[PDB]
Undergrad: 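Salicylic acid + lysr-type regulatory protein, experimental structure. Questions below.
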2 protein chains.
Amino acid sequence: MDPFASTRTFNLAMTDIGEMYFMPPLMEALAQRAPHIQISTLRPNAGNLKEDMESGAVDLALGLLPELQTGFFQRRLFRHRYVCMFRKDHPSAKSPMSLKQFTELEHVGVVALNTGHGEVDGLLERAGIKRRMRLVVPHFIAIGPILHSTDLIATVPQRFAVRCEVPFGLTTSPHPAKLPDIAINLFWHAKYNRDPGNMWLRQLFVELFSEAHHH
Amino acid sequence: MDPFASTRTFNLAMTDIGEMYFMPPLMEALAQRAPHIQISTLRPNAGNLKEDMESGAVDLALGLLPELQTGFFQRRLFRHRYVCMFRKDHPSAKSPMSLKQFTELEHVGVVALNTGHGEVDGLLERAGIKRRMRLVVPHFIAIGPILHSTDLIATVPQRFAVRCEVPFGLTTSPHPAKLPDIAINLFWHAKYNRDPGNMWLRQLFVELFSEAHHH
Ligand SMILES: O=C(O)c1ccccc1O
Ligand SMILES: O=C(O)c1ccccc1O
Ligand SMILES: O=C(O)c1ccccc1O
Ligand SMILES: O=C(O)c1ccccc1O
């Protein structure tokens, strides 16, 4: 069936950041290419996501999702690093920040339970980096106005940080801790590898967001 | 014990919008008034929130939470209405929008499962207002960039809409449907009505956010 004929609803898993990044250009393109398709999103749910992708309840997932392993396929959209972010007139924070100073200032922690970002707190702690967690929030999206009004600092994905800098008057430093890359991928389950609708929507994601040729 | 002595961690339930609104001024004030208190937040969870407030696992909840009834107390911070929001150069949407036009244009739906905002879809539908839901997302925070890049419209809390207008080039119309007020309240469970730490943090919320005298 041609894309214009499709009235299928595709269910897509992604974080708050992912929704702000992926949804505006996707829906813009869908209105031109397949205007009767419906999209619904949901936040990643580590308890349910694999099962939901196996059963076909969730069609695609986008983000840092290291648990989607055997039985899944992935295509790389881009990769980026964690950075330290803080307000631009912070009284003492500097770029490049020292590990000592990272460890002295107070933090907004981000739990990010159902994604690879949930690994950060344990990676720091096992390296023996103790942080004074003044505030802990579950997700990244509200970090910006919090850092603006305080002397707190945060460990944040670089592409999201860059989007926060001007609107909230923040700046960033390369991260002094050794943290892994953030690989942002498009995921699907092997059972839907040759489903024509899933294939078509995957190719659209690649066309709109893949930096394999770009960069 | 004096507030400077307190090292207590208070756990606070609020939406993404609530976190962006309440957390920056709260943490700013805490750094001046009670600098050793820790705060952690979480999103409202209708299955668990009442039980969690009864047991003392969640100290306070902020937002539109009509299920917190017998056994709870509430203080009004402010109230506001739903509005229609869309991009400022939308090719046909106008303010004041007609019910007919609301019903003709396509929508980004917001599920808002664990809050009173989860009532909107059913309230419209029972009034016989059928909407073409092109995109459905679980929460409000990412609505802004989506509306910017599309001809979609959305039913949104007015104070959040106003914050979106300039950064995302959107505008609003009074809502043509009959929808209830959005009462934004501070909630606590009766078991903690006279806990001195809970009382102190409630009074801070009232001082920072209550519009009872203001307005
Ligand atoms: O972490 C994500 O889920 C993400 C999604 C889109 C763009 C950048 C990101 O870090
Ligand atoms: O099966 C679908 O709904 C579909 C959607 C878009 C493109 C090709 C397709 O087969
Ligand atoms: O809906 C909310 O939870 C809310 C919170 C803060 C300010 C405005 C709001 O609508
Ligand atoms: O019990 C507390 O931790 C507390 C915190 C702030 C103010 C008064 C208090 O008793």
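Sequence lines set the chain letters: A, B, ... in the order given, protein chains first and strands last, and positions in each chain run from 1. Computation of the quantities below employed the complete heavy-atom set of this structure, encompassing side-chain atoms and omitting hydrogens, waters and symmetry-equivalent molecules. Counting starts at 1 for both ligands and their atoms, in listed order.
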Undergrad: Quick one: what other chains come closer than 4.0 Å to salicylic acid (ligand 3), going by heavy atoms?
TA: B
Undergrad: Among all protein heavy atoms, pick the one closest to atom 10 (O) of salicylic acid (ligand 3) and tell me residue, atom and distance.
TA: B:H80 NE2, 3.0 Å
Undergrad: If you count the atoms of salicylic acid (ligand 3) from 1 in the order shown, which ones are under 4.0 Å from a heavy atom of B:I184?
TA: 1 (O), 2 (C), 4 (C), 9 (C), 10 (O)
Undergrad: Can you check which of B:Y82, B:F78, B:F209 brings a heavy atom nearest to atom 7 (C) of salicylic acid (ligand 3)?
TA: B:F78
Undergrad: What ions or other ligands lie within less than 4.0 Å of salicylic acid (ligand 3)?
TA: none
Undergrad: Using a 4.0 Å cut-off to any heavy atom of B:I17, which atoms of salicylic acid (ligand 3) qualify?
TA: 4 (C), 5 (C), 6 (C), 7 (C), 8 (C), 9 (C)
Undergrad: Regarding salicylic acid (ligand 3), does B:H117 bring an N or O atom to under 3.5 Å of one of the ligand's N or O atoms?
TA: yes
Undergrad: Applying a strict 4.0 Å limit to heavy atoms, is B:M20 in contact with salicylic acid (ligand 3)?
TA: no
Undergrad: What part of B:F22, side chain from CB on, backbone N/CA/C/O, both or neither, has a heavy atom under 4.0 Å from salicylic acid (ligand 3)?
TA: side chain
Undergrad: If you have a sec, work out which protein heavy atom is nearest atom 3 (O) of salicylic acid (ligand 3) and how many Å separate them, to one decimal?
TA: B:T15 OG1, 3.0 Å
Undergrad: Against heavy atoms of B:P157, which atoms of salicylic acid (ligand 3) measure under 4.0 Å?
TA: 10 (O)
Undergrad: Taking heavy atoms and a distance under 4.0 Å, where does B:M14 meet salicylic acid (ligand 3): side chain, backbone, both or neither?
TA: neither
Undergrad: Show the atoms of salicylic acid (ligand 3) that are less than 4.0 angstrom away from any heavy atom in B:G18.
TA: 5 (C), 6 (C)
Undergrad: Can you list, by chain and number, the residues with heavy atoms within 4.0 Å of salicylic acid (ligand 3)?
TA: B:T15, B:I17, B:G18, B:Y21, B:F22, B:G63, B:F78, B:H80, B:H117, B:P157, B:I184
